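Among the contents of this structure: imipenem (open form).
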Amino acid sequence: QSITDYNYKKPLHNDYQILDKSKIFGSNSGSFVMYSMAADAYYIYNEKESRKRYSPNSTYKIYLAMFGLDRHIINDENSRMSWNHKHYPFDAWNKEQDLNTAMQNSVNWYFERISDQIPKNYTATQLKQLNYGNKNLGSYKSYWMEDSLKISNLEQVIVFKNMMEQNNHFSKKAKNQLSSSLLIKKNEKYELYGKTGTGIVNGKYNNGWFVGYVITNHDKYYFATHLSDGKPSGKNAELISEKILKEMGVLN
Ligand SMILES: *C(=O)[C@H]([C@@H](C)O)[C@H]1CC(SCCNC=N)=C(C(=O)O)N1
């Protein structure tokens, strides 16, 4: 809504390293950001582009999950929600869900039902304390879907790292339940957690994301890929992320 709503301009006070991942991006346009806990350092491809703010789309379901956990809308014994019988074009949505199935299959209605229960002032207080992008709730509806709420690729990393790693008002059991819902891959070398996001405008992919973290035996890394052009899907942002993480030594 304002002059600072499309841009993150706050100086990075940390050590940073500029990357060149242009061959992995190919004909897609966007940015990649990673933070290493042990190094306390950022690694950024396309720094200017990493500070442009975009709708988070389904990546904001990380925060809706944390809010629903925090407000006891869902819990550890029961995160189940029945389907309202409305037919969706993907059968994974046309059934009962829990936090794990809804996160994995990005089931909008589950997180919409969570959001509808959450008072605007709580969200405002949370987005302020978390420093979540432009903090702009607009109409307070599906505000995170190609709407007023926007966040930069650089901020996706800072905000998620700070939420998970600081002793804040979110409980340890909530953070662990959210993590369990985000786990994608675990082997002898790493655990990989994350969440895709895709914005679709007039039939075309507009906006792709993959935001997450990696735990190895040595370090913990938070990362985010944003795609703004080319074939900017969540699936593509996930693939590009995996290729970059592997090149960097994060996945072994
Ligand atoms: C999130 O980015 C979108 C959006 C509607 O907010 C939804 C659609 C999908 S993918 C799930 C497809 N069907 C599965 N059974 C995503 C996405 O994460 O990219 N989320």
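Quick note: residue numbers are just sequence positions, from 1. According to its header, this structure was worked out by X-ray crystallography, 2.0 Å. All values below come from the heavy atoms of this structure, side chains included, with hydrogens, waters and symmetry mates left out. Whatever order the structure lists them in is the order used to number ligands and atoms, beginning at 1.
Within 4.5 Å of imipenem (open form), most heavy-atom pairs belong to the chain that the PDB entry identifies as Beta-lactamase regulatory protein BlaR1. Measured on heavy atoms with a 4.0 Å cut-off, the binding site of imipenem (open form) is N57, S58, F90, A92, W93, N105, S106, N108, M145, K195, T196, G197, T198.
Shown in contact with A92 at under 4.0 Å from a heavy atom are these atoms of imipenem (open form), numbered in order with element: 15 (N). Listed by atom number, the atoms of imipenem (open form) under 4.0 Å from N108 heavy atoms are 4 (C), 5 (C), 6 (O), 7 (C). Taking a distance limit of 4.0 Å, we find that atom 8 (C) of imipenem (open form) is approached by no protein heavy atom. Looking at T198 next to imipenem (open form), an N or O pair under 3.5 Å apart turns up. Per-residue contacts place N105 under 4.0 angstrom from the following atoms of imipenem (open form) (heavy atoms of the residue considered): 11 (C), 14 (C), 15 (N). In this PDB entry, the covalent tether of imipenem (open form) is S58 OG. Checked against a 3.5 angstrom limit, the closest N/O atoms of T196 and imipenem (open form) fall inside it.
Counting the atoms of imipenem (open form) from 1 in the order shown, those under 4.0 Å from a heavy atom of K195 are 18 (O).
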